[PDB]
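Pictured: Beta-lactamase, co-complexed with cefoxitin (bound form).
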Amino acid sequence: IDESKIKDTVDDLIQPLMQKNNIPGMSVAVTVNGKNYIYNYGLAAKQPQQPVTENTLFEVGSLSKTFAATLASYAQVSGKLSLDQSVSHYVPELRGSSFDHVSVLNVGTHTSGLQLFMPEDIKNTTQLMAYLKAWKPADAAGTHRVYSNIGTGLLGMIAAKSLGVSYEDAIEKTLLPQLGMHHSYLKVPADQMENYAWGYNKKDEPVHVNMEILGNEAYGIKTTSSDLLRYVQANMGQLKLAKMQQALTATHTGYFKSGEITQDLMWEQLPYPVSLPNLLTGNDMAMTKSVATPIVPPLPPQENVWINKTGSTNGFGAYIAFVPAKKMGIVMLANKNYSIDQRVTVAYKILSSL
Ligand SMILES: C=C1CS[C@H]([C@@](C=O)(NC(=O)Cc2cccs2)OC)N=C1C(=O)O
């Protein structure tokens, strides 16, 4: 009977949300009391029409950053990576540059000072390294938070190299298989292309994300809501799957305070019980610089917190939130990018109903 009540709550919020934002398709996955509920709505593609099903793959954009963090954490608990070491310690071509004074932790917490977007002209590793060797932050690393795809890219690159593999092999051959996420990909295979939803951009054109340099680390994941709910459950220790569980949990370590949030290793967290005003403010930090204050010793992974991450691409919008103390979590996937405040408000209303 709790299943029907949850479905009513979700239906009543998602259907008006899709109508007013012209979202073609959504999947919403909820976990509570050890049980999983998956609700699918609308169309994965308009023409030819295809419904959202249990197998539908969505782009998740910036949610991909948490997989780079999980990989770095795995390297750390495996003794291959020290987060307090400098980036140039692991990337010898950057020795003598600004990255002598940037830690791996800094790129894992958006405190290096690197900008949000990769310069558009950077196509290959030679161009990337020339940019990084010439780069200087406006403030000292560790003093401000600037959300960065470039920093995330370095975090994943360094983690993979420390494990002896490419980032693509690290994710698709080790991390996702060991998490049981068998319908999660950086590159969708031919037998799954029929399941890969189209995204609909601001002009309502069908689009798929273009993968550029260090893009897999920052925005490359395509996945089902069921696989992401497994990822949420693994982050709450609910699944058998010991290094992997240690790695997942350690990504929730709190390293910096900024505004309303605690910045973990890519994950962000808020106090629980959660204030909706503070949750909205905390999810409006992607494009501006803020002051960052270190938490030292770091805050251990907590139960009594709201942990979350947003993601989008030109054609998709995604959100994950979970509260370990209540073993509850939510995944919301859509094939239109609609505003973060609406994602977070719907998620807050669903989890508050439980
Ligand atoms: C406001 C934000 C939050 S942050 C988000 C995000 C992660 O979701 N976009 C992507 O991952 C997909 C990419 C598009 C171009 C390079 S990447 O990070 C840039 N984008 C934006 C944006 O308005 O562009």
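In chain A, numbers come from the PDB entry; the residues present are 3-243, 247-359, in order. Whatever order the structure lists them in is the order used to number ligands and atoms, beginning at 1. Per the header of the entry, the method used was X-ray crystallography, 1.6 Å.
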Cefoxitin (bound form, ligand 1) binding site, heavy-atom cut-off 4.0 Å: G63, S64, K67, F119, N151, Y221, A291, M292, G316, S317, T318
Residue and atom name of the nearest protein heavy atom (relative to atom 8 (O) of cefoxitin (bound form, ligand 1)), distance in Å to one decimal: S64 OG, 2.3 Å
Protein contact to atom 21 (C) of cefoxitin (bound form, ligand 1) [nearest heavy atom, distance to 0.1 Å]: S317 OG, 4.3 Å
Atom indices of cefoxitin (bound form, ligand 1), in the order listed, that fall short of 4.0 Å to a heavy atom of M292: 1 (C)
Atom 12 (C) of cefoxitin (bound form, ligand 1) within contact range, any protein heavy atom under 4.0 Å: yes
4.0 Å protein heavy-atom contact status of atom 6 (C) of cefoxitin (bound form, ligand 1), strictly under: yes
Subset of cefoxitin (bound form, ligand 1) atoms that lie under 4.0 Å from at least one heavy atom of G63: 11 (O)
Numbering as shown, the atoms of cefoxitin (bound form, ligand 1) that approach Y221 to under 4.0 Å (heavy-atom distance): 11 (O), 17 (S)
Element-labelled atoms of cefoxitin (bound form, ligand 1) that are located less than 4.0 Å from some non-hydrogen atom of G316: 8 (O)
Enumerated cefoxitin (bound form, ligand 1) atoms positioned under 4.0 Å from heavy atoms of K67: 18 (O)
Which of the cefoxitin (bound form, ligand 1) atoms, numbered from 1, are nearer than 4.0 Å to a heavy atom of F119: 15 (C), 16 (C), 19 (C), 24 (O)
